[PDB]
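Complex: valpromide / Limonene-1,2-epoxide hydrolase.
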Amino acid sequence: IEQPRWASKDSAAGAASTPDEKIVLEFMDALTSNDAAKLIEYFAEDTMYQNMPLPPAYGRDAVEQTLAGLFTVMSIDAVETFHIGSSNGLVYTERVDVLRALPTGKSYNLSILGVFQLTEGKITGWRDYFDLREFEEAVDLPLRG
Amino acid sequence: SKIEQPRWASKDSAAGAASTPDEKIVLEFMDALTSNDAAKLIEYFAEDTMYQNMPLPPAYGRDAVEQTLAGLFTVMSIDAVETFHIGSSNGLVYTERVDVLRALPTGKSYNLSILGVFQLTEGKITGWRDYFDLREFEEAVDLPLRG
Ligand SMILES: CCCC(CCC)C(N)=O
Ligand SMILES: CCCC(CCC)C(N)=O
């Protein structure tokens, strides 16, 4: 993971400054588990998850099944969060996820900006924004196609 | 070019309104985007600045930024911007929105979901990065911007 020119070099960049930000960075560390059953414990029952290029999942079961599917085709090898911030119940993370496509063995560093809504320390929404095509082309996996 | 309020919209009012001076300028800037006017819009930027639509290469410096905006407004109109969520920490403002984009060659429109980040220094933009999926827009409006 190379540090972007535009990324803060400040010691507190990417560091949690509130309880919700702390939970979100714990969740980022947990992504490299590639384990949907572990991850789903961060979510509220009334919840949703969406990789924005693709349809959303609503409710905890749909979220879990979506993560389990994703982890059947790819591994999150590494996550680095350059920037984190929050206001009014929403946490934002500017990061890179290093993804490896299991069918092809090829990896790509995916640039993501994501938003997390937490209610009493549980995730009520998680939406990640990124370009899907560039990932698909890098790793020869037509996730949507 | 109606924008639908998402099922996932925050029910906290402060989440949808500018709560700091920097957030207020960002929302003024979002209002201005419908001008389709790169010369007007560039006044929001510092001389030392950068802009990137994340599917595409970054522009560094105010002139490169202006030239990029001018090119974009040659091929598309931003017909509307709605910002559902705005917040900030550590000198960065984040906006979750939909921009309604219309391709000038084809007359076709698309509602593009975007999450963007802004860095402001003394009220001027020093960085702006918008994250979104480019392919869905290109296919919707028949404009292979990247291809
Ligand atoms: C389960 C993780 C999904 C990926 C992006 C999918 C293309 C990510 N957030 O790194
Ligand atoms: C000039 C504005 C660029 C567009 C997206 C380009 C594909 C936007 N921010 O709505």
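Labels below follow one simple rule: chain letters A, B, ... track the order of the sequence lines, proteins then strands, and each chain is numbered from 1. Side chains included, hydrogens not; waters and symmetry mates left out as well; all remaining heavy atoms used. Per deposition record, X-ray crystallography, 1.8 Å. Each ligand, and each atom within it, is numbered from 1 in the order the structure gives.
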Note the other chains with a heavy atom under 4.0 Å from valpromide (ligand 2), by letter.
B
Which residues count as the binding site of valpromide (ligand 2) under a heavy-atom cut-off of 4.0 Å?
B:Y51, B:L72, B:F73, B:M76, B:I78, B:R97, B:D99, B:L101, B:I114, B:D130, B:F132, B:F137, B:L145
Please identify which atoms of valpromide (ligand 2) are closer than 4.0 Å to at least one heavy atom of B:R97.
9 (N)
Heavy atom of the protein closest to atom 2 (C) of valpromide (ligand 2) (residue, atom name, distance):
B:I78 CD1, 3.5 Å
Among all protein heavy atoms in this structure, tell me which lies nearest to atom 8 (C) of valpromide (ligand 2), with the distance rounded to 0.1 Å.
B:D99 OD2, 3.2 Å
Of all the non-hydrogen atoms in the protein, which one sits nearest to atom 3 (C) of valpromide (ligand 2), and at what distance?
B:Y51 OH, 3.7 Å
Atoms in valpromide (ligand 2) with a heavy atom of B:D130 nearer than 4.0 Å:
9 (N)
Shortest protein heavy-atom distance from atom 5 (C) of valpromide (ligand 2), along with the residue and atom involved
B:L101 CD1, 3.9 Å
